[PDB]
Structures are given as C-alpha cells and as structure tokens.
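Below, a PDB structure including triclosan.
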Protein chains: 4
Amino acid sequence: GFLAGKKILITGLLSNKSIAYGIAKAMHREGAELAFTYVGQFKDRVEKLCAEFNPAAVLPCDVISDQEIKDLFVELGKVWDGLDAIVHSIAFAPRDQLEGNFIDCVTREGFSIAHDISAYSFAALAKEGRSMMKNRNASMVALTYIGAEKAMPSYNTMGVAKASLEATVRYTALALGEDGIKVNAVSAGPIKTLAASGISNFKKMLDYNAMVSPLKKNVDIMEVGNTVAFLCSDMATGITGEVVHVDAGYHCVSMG
Amino acid sequence: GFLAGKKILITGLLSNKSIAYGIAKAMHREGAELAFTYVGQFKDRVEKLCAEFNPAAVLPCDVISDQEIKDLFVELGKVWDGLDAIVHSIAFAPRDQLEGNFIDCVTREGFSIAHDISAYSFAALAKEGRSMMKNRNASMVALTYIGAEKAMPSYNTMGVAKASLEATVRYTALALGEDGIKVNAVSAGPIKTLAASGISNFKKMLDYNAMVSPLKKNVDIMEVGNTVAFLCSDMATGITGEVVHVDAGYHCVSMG
Amino acid sequence: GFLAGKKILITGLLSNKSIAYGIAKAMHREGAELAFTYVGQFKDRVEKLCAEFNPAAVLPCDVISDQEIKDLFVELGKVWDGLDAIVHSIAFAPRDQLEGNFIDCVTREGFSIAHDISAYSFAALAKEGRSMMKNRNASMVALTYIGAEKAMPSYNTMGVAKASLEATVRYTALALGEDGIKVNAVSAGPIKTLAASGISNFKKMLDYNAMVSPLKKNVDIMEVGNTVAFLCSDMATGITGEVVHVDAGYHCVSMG
Amino acid sequence: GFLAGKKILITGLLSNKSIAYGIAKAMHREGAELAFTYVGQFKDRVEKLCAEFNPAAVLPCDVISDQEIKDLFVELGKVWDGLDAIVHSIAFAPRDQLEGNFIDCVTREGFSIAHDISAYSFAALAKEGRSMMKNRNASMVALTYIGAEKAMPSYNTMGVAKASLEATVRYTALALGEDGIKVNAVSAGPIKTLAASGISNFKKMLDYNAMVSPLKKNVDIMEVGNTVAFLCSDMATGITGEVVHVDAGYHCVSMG
Ligand SMILES: NC(=O)c1ccc[n+]([C@@H]2O[C@H](COP(=O)([O-])OP(=O)(O)OC[C@H]3O[C@@H](n4cnc5c(N)ncnc54)[C@H](O)[C@@H]3O)[C@@H](O)[C@H]2O)c1
Ligand SMILES: NC(=O)c1ccc[n+]([C@@H]2O[C@H](COP(=O)([O-])OP(=O)(O)OC[C@H]3O[C@@H](n4cnc5c(N)ncnc54)[C@H](O)[C@@H]3O)[C@@H](O)[C@H]2O)c1
Ligand SMILES: NC(=O)c1ccc[n+]([C@@H]2O[C@H](COP(=O)([O-])OP(=O)(O)OC[C@H]3O[C@@H](n4cnc5c(N)ncnc54)[C@H](O)[C@@H]3O)[C@@H](O)[C@H]2O)c1
Ligand SMILES: NC(=O)c1ccc[n+]([C@@H]2O[C@H](COP(=O)([O-])OP(=O)(O)OC[C@H]3O[C@@H](n4cnc5c(N)ncnc54)[C@H](O)[C@@H]3O)[C@@H](O)[C@H]2O)c1
Ligand SMILES: Oc1cc(Cl)ccc1Oc1ccc(Cl)cc1Cl
Ligand SMILES: Oc1cc(Cl)ccc1Oc1ccc(Cl)cc1Cl
Ligand SMILES: Oc1cc(Cl)ccc1Oc1ccc(Cl)cc1Cl
Ligand SMILES: Oc1cc(Cl)ccc1Oc1ccc(Cl)cc1Cl
C-alpha cells in the first residue's frame, strides 16, 4: 500500500456516510496506521465505528477548545513518536446561518463560530501537531466546497468560512513547508452525509451537480477518500497549497 | 460629476494618506454628497480631515459593535432619505498576527478578531444599510489585498481575513442584487498608509511591487479612489461580485 | 468628459447593436476623438453608422491580413500624431465550431482561425500601434466572455480562443507596461448582437444569465461601453492585465 | 499496481529527462501496459529509451499531422481492444517566440504554430482516441505550466498556447464526460529537460522556484509522473477538468 506504515490522524468521522469514513477506508487499504478523534458525546458511537480500522488511538477533540487540541497531541504523542498526516474533515455553522438570504440571516457570532470551527481549527491542529510532523514528508488535508469560490444559495456563511479555510490552507502550506509538511485541500462535490441535512438546498444541490457535471454523476466518499489518501502519500510531495476538486467536474463548467 | 447627487458613506478615513482619503477626494470631485465615520477619539482628527468635502455627517462607528452600526444608519436616516453607496475601507488584526511564521503567530482570538472587523463588518454594514439602499442602483465597495488570493510572508492572519472578506463580498452581492445593489471590491497594491506600519515587511512589498509590476510603479490613493468612485457610479451597474486589481498589474504576472 | 481629447481607435463596429456601438456612444459622450475600422465590404454600412461620432478616420482592417493592419496604422498616423487607445471588439470562428459536442465539432483549421482572428489580432494591433501609443498613459481593451474560464455548451472553440485572448492580454500588459500602456479586458455577459445569432445556445444563455445573475438582469452595451471607456481613462492607470466582468454578476455565483 | 491492466499511450518521450519518462516509470511501476509515440528520426532513440517498459507499441506521430494522429489509433486498435488513457506531454513554439519582449517577438505564424502543436493537438488526440476510450473510466492528462495563468518574461507565446491548452482541457472534459472519460492537466514546476533549453531564462525560473516555493525545492519527474499516474487511475474518477500544480507550492504564494 502507498501509505504503508504512515501514521495518520483522522478527524470528523461520525457515521459510515462521513467523508472521513471514505478517507479511513482508503487509507487503511493503503497500509496506513490510523487514529481518530470524536466530539464529546459521540464517543462510543465513533469508537464502535472506527474499530474496523484497527485504530492506534481514538481520542476526544472538540476543536472549539484550545485545551482538547493541546491534549489530543499530548496523548497521541504517548502512542506515536511522530506523525505523518492530519486529515481535517470537520465544519460547523449554526443552522440559522445556512438558510435564506445571506444578509438577512448572517450574524456576528454565527460568522465567528462558522470560522472558528471550520477554518481556524485547521491551523490550530497544524500548530499543535507540527512538532510531531517535522521532517518526514508529513501532510495535511482539509475538506472544502465550491461555496468558498462562488456565492450560492443557502450555503451562506459556511461558504465564507470555507474561503477562509482555503486561505488558511495556503498560509499553512507556506508556514510549514520548511518542515517538509505539505498542506492541501479537497473540494468535494455534494455527498449525502449527516451534516448535509443541515443544508436547506442540499437535495437540489445534489441533483444539480449530477445534471450539470461533465461526468453526469455525483461523487462518493471513496473518490474523495482516495484523493485525500493520495495527498498524504510520497507520490504527492510536489503538491502543496493546492485545492483539488473531486466533484465529477462541476467546478470547470458554466451552465447545463 | 458622474456621482452628482449621490449620497455615499465613507469609512476608514484616518489620515491624509488613508485610501479612504483618496476615495473621498475622487467622489467629491465627481459630485457626491459624503458622510464619514470615525472610531474612538479621532472625531476631531476626522472632522478636520474631511471638512473640505462638506460632509453631511461625521459619525462614530467602531465596527466591533453591532449597536453602533445600527445607530449609524438611524442617524444617517435623519439627514438622508436614502443611501446610494457604502465604502468599506477598514481592517484590523492584532499586531502579533502580522509578524513571523503564520503558524507560530496564529491564535484563535487573533483569528476571530481579524475576521470580525476585517470581514464580518462588511456584511454588518450591508445588513443595516440595506433598507436605505433599496432600489436606487446603490453600491458597496470594500478594500482588499492580494494576500487574500496567495499566501505571502507576514500578512498572515490578515491574508486569511481578506479571503473571508472577498467571499463575503460575493455572498453579499448575491443577497443584495434583487435590491439593485451592486457589491464589489478593489484589490489595491501596497500604499504607504498609517496601517502599513503594522506590516513588518511593508517597505519590502512596496519596492517589490514597483520593480515587478508591468507598469513598473506603485499605485496611489487617487488611482484607487477613482476606481472606487467608478464602482459606485451608474456606469458600473453591470458589475457586481467583482474584485478589481488596482496594483499596476502586479496580480497578472509571475517572476521579475 | 473623462476622455476629452484622447485619441481612440474602435474596432468591431457593425450595427447599432454592436458592443462597439455602446463603446462609441460612451467614449464620444466623454470627449474622445474617435476613429473606426471595418471589414472589406461593410464599408458604407459602417461609414454611415459611425458618422454620428464625428470620426477622425474610418479605415479598412481585416485582422486576417498583416498588410491591412500595418496600413491601418500608416493611414491613422497621417491623421493623428499619437494614439491613446485601441479597443478590440472583434472575434470569429467558423459556424461549425460553435455547435454541438466540442470534440465532434472542433477541427484543426477552425481552431487555428478562431485563434488567429479572436486572439492573435489583439497582439497584432498592439505590435503595430505601439509606436503611436508610447509614453502617454495609452490603453488597450479587449472583449471576452466567461467561455474562456469555464467550459460551456456550444461556445466550444470560441471559448478556447477567448482563453488564449485573455492570456494574450496579460502577456501584452507585461510587454507594453514599460511604455505606460495599460492593457485590460471586459468580460461581457450575453448581449443580443449580430454575432450572437451565430451561437446555437444564445437564447438560452441570455435567459439563463437573467435568472441566475445576482442583479437578475441582462447587461446592455452602455454598461459594457461605459466600462471600456473608464478603462481607457486616466482614472484607470493603476489597472492592467485585468479582466472586468460586466455581466450583472453572473461570474461570481454558482447555481440558481 | 493501481494501474494494473490499464492500456496507456504516452506521448512526448524524448530523453532520460523528459517528463514523459517520469510518467512512464511511474505507470510501469503501477502495472500499466504502455505505448509510446515519437517524431521524425527519433524512432531508435525512443525504442531504446522505452524498452525497459516492455511497450506494446512504439509508433510514429507528429501532431502537426491529422493523418498520423488518425493512423496512430488505427494501429493501436490492432494491439489493444480499447484504450484506458492518453498522456499528452508535448508542446512546441518556434524559438523566436520564446525570447525577449512578447510584443516584439510575437508573429501570426509563430502564434498559430504554438497553438496548433501545444494545444490543438490535445483535442485532436481526444477526437481520434475517443472511440477506443468510450465507457471504461478512461482518462486524459496534459502537461501545462503556470505561464498559462500569469504572464512572465520569455515564456511569451508558449504561455498563451498553454492558456489555450488548459481551456481545451476543460471543453474536452465537458465533451468526453458522457463517455466516462476524465480529462485533466498537471501544472509542473520548472524541470531541467531538453525542451527547457529553448527557454532563455530557464535557470532563472528554476532557481527562483526553489527559493520562493513553500517546500523550498524544485520538483522532479517522478513527482510529476506519480501525479499523472494517479490522474489515470480509478481513484481519480471524481476528478475532471482540473489542473493540479506539481510545483512545490509555487502557485499558491506571492513574494519571497
Ligand atoms: N457532504 C458534502 O457534500 C461535503 C462537500 C464538500 C465539503 N464537505 C466538508 O467535508 C467535511 C466532512 O463533512 P461531512 O459532509 O462528511 O459530514 P459529517 O456530518 O459526517 O461530518 C461532520 C463532522 O464535523 C465534526 N465536527 C463538527 N464540529 C466539530 C468540532 N467542534 N470539533 C470536532 N469535530 C466537529 C462532526 O463531529 C462530524 O464528525 C466538512 O468539512 C464539510 O464541510 C462536505
Ligand atoms: N495600504 C495598503 O497598502 C493597502 C492595500 C490593500 C488593501 N488595503 C485595505 O484598505 C483599507 C484602508 O486601509 P489603509 O491602508 O488606507 O489604512 P488606514 O490606516 O488609513 O485606514 C485603516 C482604517 O481602518 C479603520 N479601523 C480599524 N479598526 C476599525 C474598527 N474596529 N472600526 C472602524 N474602523 C476601524 C481605522 O480607523 C482606519 O481609518 C483596509 O481595508 C486595508 O486592509 C490597504
Ligand atoms: N454579444 C455578446 O453576448 C458578447 C459577450 C462577450 C464577449 N463578446 C465579444 O465582444 C466583441 C464584439 O462582438 P459583438 O457581440 O458586439 O458582435 P458584432 O457582430 O457586433 O461584432 C463582431 C465584430 O467582429 C468583426 N470581425 C470579425 N472578423 C473580423 C476580422 N477578421 N477583422 C476585423 N473585424 C472582424 C465584425 O466585423 C464585427 O464588427 C467580440 O469580441 C465578442 O466575442 C460579445
Ligand atoms: N520542463 C519543464 O520545466 C516543464 C514545466 C511545465 C510544463 N512542461 C510541459 O511538459 C511537456 C513535456 O515537456 P518536457 O519538458 O518533458 O520536454 P521534452 O523536450 O523532454 O519533451 C517535449 C516533447 O514534445 C514533443 N514534440 C514537440 N513537437 C512535437 C510534435 N510536433 N509532434 C509530436 N511531439 C512533439 C517532443 O518530441 C518531445 O518529446 C510539455 O508540454 C511542456 O510544455 C514542462
Ligand atoms: O460543507 C458542506 C457542503 C455540502 Cl454540499 C454538504 C455538507 C457540508 O458540510 C457541512 C455543512 C453544514 C454544517 Cl453545519 C457542517 C458541515 Cl460538516
Ligand atoms: O491590508 C493591508 C495591506 C497592505 Cl500591503 C498595507 C496595509 C493594509 O491594511 C492594514 C494592515 C494591517 C492592519 Cl492591522 C490594518 C490595516 Cl487597515
Ligand atoms: O463571444 C461572444 C459571446 C456571446 Cl454570448 C455572444 C456573441 C459573441 O461574439 C461572437 C460569437 C461568435 C462569432 Cl463567430 C463572433 C463573435 Cl464576435
Ligand atoms: O512548457 C515548458 C515550461 C518550462 Cl519552465 C520548461 C519547458 C517547457 O516545455 C517546452 C518549452 C518550449 C518549447 Cl519550444 C517546447 C517545450 Cl516542450
């Protein structure tokens, strides 16, 4: 496997529909040694779910908290000497930020929170994980959406938070490059996950991608997972600060 | 004047050198009726600066506060029947967010504050000004910088907040379009302003720009101001969600 | 007028529906001294049409021919000492390049011809006009379409030619910057012109822009013309290598 | 191997240092069955180079000729029941198009030739290969360069042709998508190849890249080859119309 022996932390695994689940399946297939995080109460749920990946550790991490993130790496460091990659597959904005007219709905705190969790958390993981990642062709990958690049209905302040995220990925790539850490993002097309039901427009978005996309289909978590996997491999060491669209080609067309 | 009669609110006027000053000069030349905001204790400084423009109002507004933004437009509603444009020329991030390695310097709070004042404040002005701007070919312009698009040394968290601001400009353009309101940004090249002091490598950027850009020069506040004035005129009613680079062409080249 | 006394050459004027016609109206309004080109047989047609703009010259120029382009500037130079701007508002691809599946329809020669006329002609005009434009804040503007940036049905090899054009604009901006010549493009939304009937998809494209665009409308030749006018003014001397979308905001959104 | 069984045609193999050589090494390692084309008198040189790959066929194809491209696929149809991928790793422009000021150097013919071989030839391969690639998760990859996106010294007409090639990649992706064929490009950083000799400022670009890019290094043909191999694999079936930068992050930064 092209990830054989690599030590990789996966965030955001919630159900077997999660993009993180596809990433896990892909990386496990390729020989990676995998660890996982969960938020507070989903402990036993995620614990059962990720067992099938022979995890080196399953640890709590609500990225809201500087403490939990710091402790995540303290505990992870009791299990692993160093770390090969961090996979960031997590976002959040209050529900009222994801419906209706953007200007009607947006609020100062919702904006703040969407950004705190969906964008800042990526650089926070980088900050704490850096020491374990130093000097080993380490990698980071974040999940984003085309809502960052173009305005669209519903996605609203999450769209704005994704743009912050993509920029954070670029600045993170610049900052950590000297340590041989590559930092990239996968821009995934619409996939029916738990988080997706939180988007007003989702059924429409999903249907629309299939019709308009060049490949005339929706993507799945294995296409996404496989791409994230590659981006944590030695084959991808020339790639950094990049956004790769895994969206059946939706990003390259206009009209349809 | 191609702004004759138009009622425009200008934020960010701090000194003789502010970009907002160039904007003000340009719009006053073009027949605009102007209002200005100030923060903190700069009431006298700003009144003195903007006196030559015969402003209708010089009002307090620290965009950290929702109430002040709300009261700004209530007071404005007392001198003006309606608003033609809002010029957003305001940004802030704590000094420790603008020096050294991005991952070293980044903090949750500094991230939050940068986004809150540099980006959220644009949508906040849009939210409270919206009713006065409805249905008169109204306009909004924000000031951004190429650090939103590309990572660069030192700009760090502001770079990320600027990416957030540009996405906010797009979603705002989408949200306000049905009201005939166009929403755009001007991406200015480095100009020597008071804020530029907070950029550790600023003299670097300025000299680099002049040497590398096609027009082999630095831009000035009138170049930026004229462009902002244009983007508030009836000539630009076909343009929204756009970012216009006023940077002597720096944006279009690679190497020099 | 903000173009008062400026000497500007306009190409592509064919009917009073032409984008070039809007550009002419706008620049004449702003005090510009205007000259025009035509292709071979449209001589008397264009001659009648542009009379209303008090043209300094109306000259033949089929950009297919290196000879006619060279002679255009020889004759123009008998009338004007120097030249302030060139407006390129011309494109062509064989009809069979603009219908159906791109791969089915595209041909080596059609590709060549689309590029020769729609892209190369811009740099050819720059090459010959340069000497008259030297050292006077001169300008060039080309018309493009979003078909360059994104693949779309029908537009096909014209889309590919527009991408070449936009790149030619950037390389031209780099090359001529040292002479103080600024070089930009306006990316216009769909407008019902003569050339438009040559596009299979046009009615659909037109209708689709109105529904999806933030400003919920189609643009007109005066919005486009006014923007081109501004881009040939002293107000725009900080702008070069830029593409400005005048498309009611279509470019910034996804879905609708 | 993640290309096991896949039948892939590789163009552009000229030497030990060609990018096509890195691509070939990577795909042979991953289980691909390979074929190669050559131009002119390099039949013996290429057969000798690609012998270790146990190619199914080493065939003549100068992409200036439609007939040769047509006959290529007829001959290929004699060894293979179907084609899984085409690697386009080929460009050309006359030397006088790659030195000095772009406007000084550009000619109609040099423009035409650059586009014809560097860009049109990609769609031409797509046209004639299409029937063998139908409905097998087939793939196309072209090699491009950041000179398509930004203007830079010397690259000149090739820069423009590369912009044309990237648009062709998008329209081809749109056209071939219904056939399950994904179409992408790899944007490689400067690598020391035979062609690089024709770039007057190449040692400039190479040293600049290593100093300025986040990973503080130059890319190599295996980094590019691995990525191209990935883009021909079943793992990448969610990706089309994409451009992936394999440039040590150069694309994402500004200043250094
Ligand atoms: N589903 C899609 O169509 C799609 C498309 C593009 C991008 N993405 C992105 O992919 C990622 C995965 O989302 P998903 O769609 O698989 O949904 P999901 O519901 O499976 O995953 C959402 C994850 O975010 C985690 N999360 C939320 N707040 C957190 C916090 N404070 N700390 C730690 N974890 C937190 C949740 O536990 C959950 O595991 C997200 O970044 C999402 O924005 C999803
Ligand atoms: N100077 C440059 O090179 C340059 C380049 C690109 C973009 N910009 C942007 O242009 C804008 C104007 O900046 P400038 O360079 O003219 O500097 P400046 O220092 O003259 O103006 C900055 C303004 O931001 C205002 N501000 C800061 N915090 C505020 C708050 N909380 N509430 C209300 N106002 C607040 C300040 O009062 C000040 O007037 C900024 O958005 C800046 O990021 C500047
Ligand atoms: N109509 C639209 O929706 C639209 C949208 C975006 C961009 N554009 C671009 O704007 C420009 C103006 O086109 P238009 O739509 O106003 O159509 P139009 O039919 O009025 O103009 C087409 C012009 O190109 C000229 N032309 C063609 N071949 C020529 C040659 N070999 N030499 C000299 N002139 C030649 C024709 O004479 C004509 O004047 C074109 O570049 C077009 O691609 C048009
Ligand atoms: N070397 C770099 O730094 C770099 C960077 C970015 C992109 N690229 C691109 O990668 C590709 C491979 O180039 P390379 O750098 O490995 O150089 P190379 O000289 O090894 O390969 C160039 C190939 O183009 C082929 N070619 C030229 N004209 C042809 C024609 N008419 N018909 C068929 N084949 C023809 C040549 O035979 C040769 O094998 C090119 O598209 C190039 O533009 C190279
Ligand atoms: O970013 C997404 C994009 C799409 Cl199309 C579907 C789901 C996405 O992911 C989320 C959306 C909203 C919230 Cl609150 C949390 C997450 Cl993880
Ligand atoms: O965005 C800017 C970009 C440049 Cl090149 C120069 C000044 C800028 O403006 C700021 C920079 C830092 C802070 Cl704290 C506040 C402001 Cl207004
Ligand atoms: O580029 C265009 C885009 C649109 Cl939506 C409409 C018209 C356009 O202009 C042309 C289209 C085809 C040919 Cl043959 C010539 C020209 Cl001038
Ligand atoms: O595109 C390239 C970019 C770089 Cl940095 C180096 C080599 C490249 O490839 C070429 C450059 C010029 C010619 Cl004539 C032919 C080819 Cl294949």
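Chains are named by letter, beginning with A, in the same order as the sequence lines. All chain A residue numbers match the PDB entry; in order, they span 2-257. For chain B, we keep the numbers from the PDB entry: what you see runs 2-257, in order. Here chain C follows the PDB entry for its numbers: 2-257, in order, are the residues you see. Residues 2-257, in that order, are what chain D shows, numbered as in the PDB entry. Worth knowing before you read on, the calculation uses all heavy atoms, side chains too, and leaves out hydrogens, waters and symmetry mates. Recorded method is X-ray crystallography, 2.1 Å. Counting starts at 1 for both ligands and their atoms, in listed order.
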Hey, where's triclosan in this structure? All the copies, please.
ligands 5, 6, 7 and 8
Bound partner of triclosan (ligand 8), most contacts, as in the PDB entry:
Enoyl-[acyl-carrier-protein] reductase (NADH)
Note the other chains with a heavy atom under 4.0 Å from triclosan (ligand 8), by letter.
D
Quick check on contacts: which atoms of triclosan (ligand 8) are under 4.0 angstrom from a heavy atom of D/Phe203?
5 (Cl), 6 (C)
Give me the nearest non-hydrogen protein atom to atom 13 (C) of triclosan (ligand 8) as residue plus atom name, then the distance to 0.1 Å.
D/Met159 CE, 3.7 Å
Determine whether any heavy atom of D/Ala94 lies closer than 4.0 Å to an atom of triclosan (ligand 8).
yes
Considering only protein heavy atoms, determine whether one is less than 4.0 Å from atom 2 (C) of triclosan (ligand 8).
yes
Using a 4.0 Å cutoff against the non-hydrogen atoms of D/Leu99, which atoms of triclosan (ligand 8) qualify?
12 (C), 14 (Cl)
Examine D/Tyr156 against triclosan (ligand 8) and note whether any of their N/O atoms are separated by less than 3.5 Å.
yes
Which residue supplies the protein heavy atom nearest to atom 11 (C) of triclosan (ligand 8), what is that atom called, and how far is it?
D/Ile200 CD1, 3.9 Å
By number and element, which atoms of triclosan (ligand 8) are closer than 4.0 Å to a non-hydrogen atom of D/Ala92?
15 (C), 16 (C), 17 (Cl)
Starting from atom 9 (O) of triclosan (ligand 8), which protein heavy atom do you reach first, and at what distance in Å?
D/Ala196 CB, 3.8 Å
Quick one: what's the binding site of triclosan (ligand 8) if I count heavy atoms under 4.0 Å?
D/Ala92, D/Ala94, D/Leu99, D/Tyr146, D/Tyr156, D/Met159, D/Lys163, D/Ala196, D/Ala197, D/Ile200, D/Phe203
